[PDB]
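Structure note - troglitazone present.
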Amino acid sequence: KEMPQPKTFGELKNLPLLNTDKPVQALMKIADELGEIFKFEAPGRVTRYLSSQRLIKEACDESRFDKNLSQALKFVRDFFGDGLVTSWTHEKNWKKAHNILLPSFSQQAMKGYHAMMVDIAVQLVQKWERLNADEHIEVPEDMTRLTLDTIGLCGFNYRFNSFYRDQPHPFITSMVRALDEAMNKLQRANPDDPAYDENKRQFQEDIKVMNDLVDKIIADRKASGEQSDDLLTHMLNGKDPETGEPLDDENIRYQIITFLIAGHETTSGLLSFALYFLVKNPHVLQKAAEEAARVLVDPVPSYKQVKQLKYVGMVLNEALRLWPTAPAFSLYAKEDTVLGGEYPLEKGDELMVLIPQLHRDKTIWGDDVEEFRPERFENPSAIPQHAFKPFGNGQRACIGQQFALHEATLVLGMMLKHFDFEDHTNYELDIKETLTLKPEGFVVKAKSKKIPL
Ligand code: HEM
Ligand SMILES: Cc1c(C)c2c(c(C)c1O)CC[C@](C)(COc1ccc(C[C@H]3SC(=O)NC3=O)cc1)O2
């Protein structure tokens, strides 16, 4: 069977078809035109974009396909290094760091993080309680304050104190510019053109800002008199059983950057999308708010109570269905093989999973895929099989999935308990792309219910 492919432009291949600050959304349109799979070429690389659960199910067979470092991950590696997100599965430091850091996401560890998550969540609530009537909330900006500070405190006993800053934290500003640069590099035909010299200088400056922050985290741990057993403790003290060696210093720095960035950006996106869909679906908002009030009966939430916020969890999963904030992951063929009994692949051929398209496969989800309907997830028998992949696949799946969802469920529950939300601008959804996805310009007003904290 012939591989669908969009129009090419000489030696620029398909690259002119993007030329946009919203490439994933452009690729979704192409997927809608060409179906479950299409080839996409740029100068120097080829990708096959998958959109159907039928093909993606096969791609997730780890006996035939392994995680690929997409060009995007290769660019992000310029500051993620060989951390968990940007290392090959057979790169020694991936398995070594995975074994050393997996205990930091056990159930017992999660319970240990709860109190610190509440610390930051309380700061978010208090900020909104203290706004004057003429003010409003910048949603993604405040969700970023919350999620960055949470991973900073839980993972590294470091306080970014983002709620003590009225502009984005400098680490965030450098992160956004670095992620934007990586995304933009995917589309530029002549990367060595002098017109990009300033981009390269800024990219290095933003990488330095990140590493100056890592220095403070390491210095502050060295000076601490308290005893921690958090993510940073495992980075520093965990051993490879085979060699008796810890992660080398260079890798540790990369893991810190990896977890600070990967450990908050997509969770901020999730919370922003969730609040967007809530204010656009008032009956769903009422049901979620009713659950929050019913379950969160104490001055602050306990770990167990967060687990009883079932419908809030459905809201979050349904937000991830429509707009998975890490919208793609990449695989490569371990050997020559045939995909879906139709598409021959050669060893090393790249398959890119378009998660937003997977999550809109009507043969799986029904015809109403564009509706925000958390009840999709209320009746177990009616939820599809391997059709929902916001956290990746297999042994390279998200290590922090339960960290993210516990944080998001806790915070969204507290938000719904303490405020009524008004979409005072009738905001039109505008999804900013920085590889990851997040609403931009999303503002609301929050009227306190005056419930003490
Ligand atoms: C909505 C929130 C999040 C989403 C949607 C998400 C999604 C993903 C996805 C799709 C992958 C796989 C990417 C690939 O296959 O190349 C991944 C990997 C990873 N995520 Fe997340 N993630 C989230 C939050 C977090 C958090 C909070 C942390 C840490 C605190 C984290 C740590 C990681 C790590 C370490 C990996 C790589 C694991 C490995 O390959 O060994 N993520 N994430
Ligand atoms: C949890 C998490 C993940 C997984 C994460 C990132 C963050 C910040 C996270 O919090 C950053 C980007 C990145 C390293 C990579 O995300 C990608 C997004 C899109 C793509 C697709 C390429 S194909 C194209 O032409 N346009 C793209 O963006 C690849 C990777 O992933």
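Residue numbering for chain A follows the PDB entry; the residues present correspond to positions 3-455, in that order. Below, all heavy atoms of this structure are taken into account, side chains as well, without hydrogens, waters or symmetry copies. Both counts, for ligands and for their atoms, begin at 1 and track the order of listing.
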Just curious, which ligands or chains go with troglitazone?
ligand 2
Out of curiosity, which chain makes more contacts with troglitazone than the others? Name from the PDB entry, please.
Bifunctional cytochrome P450/NADPH--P450 reductase
Give the atom numbers and elements of troglitazone that come within less than 4.0 Å of a heavy atom of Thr438.
6 (C), 7 (C), 8 (C), 11 (C)
Of the side chain and backbone of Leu188, name the one, both, or neither that has a heavy atom under 4.0 Å from an atom of troglitazone.
side chain
Return a yes/no value: protein heavy atom under 4.0 Å from atom 31 (O) of troglitazone?
no
Test your reading of the structure: does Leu75 have an N or O sitting under 3.5 Å from an N or O of troglitazone?
no
Between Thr327 and troglitazone, which part of the residue brings a heavy atom under 4.0 Å of the ligand: side chain, backbone, both or neither?
neither
Does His266 reach troglitazone with a nitrogen or oxygen that is under 3.5 Å from one of the ligand's nitrogen or oxygen atoms?
no
Side chain, backbone, both or neither: which part of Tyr51 comes within less than 4.0 Å of troglitazone when only heavy atoms are counted?
side chain
With a cut-off of 4.0 Å on heavy-atom distances, which residues and nucleotides contact troglitazone?
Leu29, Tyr51, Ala74, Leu75, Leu181, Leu188, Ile263, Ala264, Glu267, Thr268, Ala328, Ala330, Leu437, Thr438
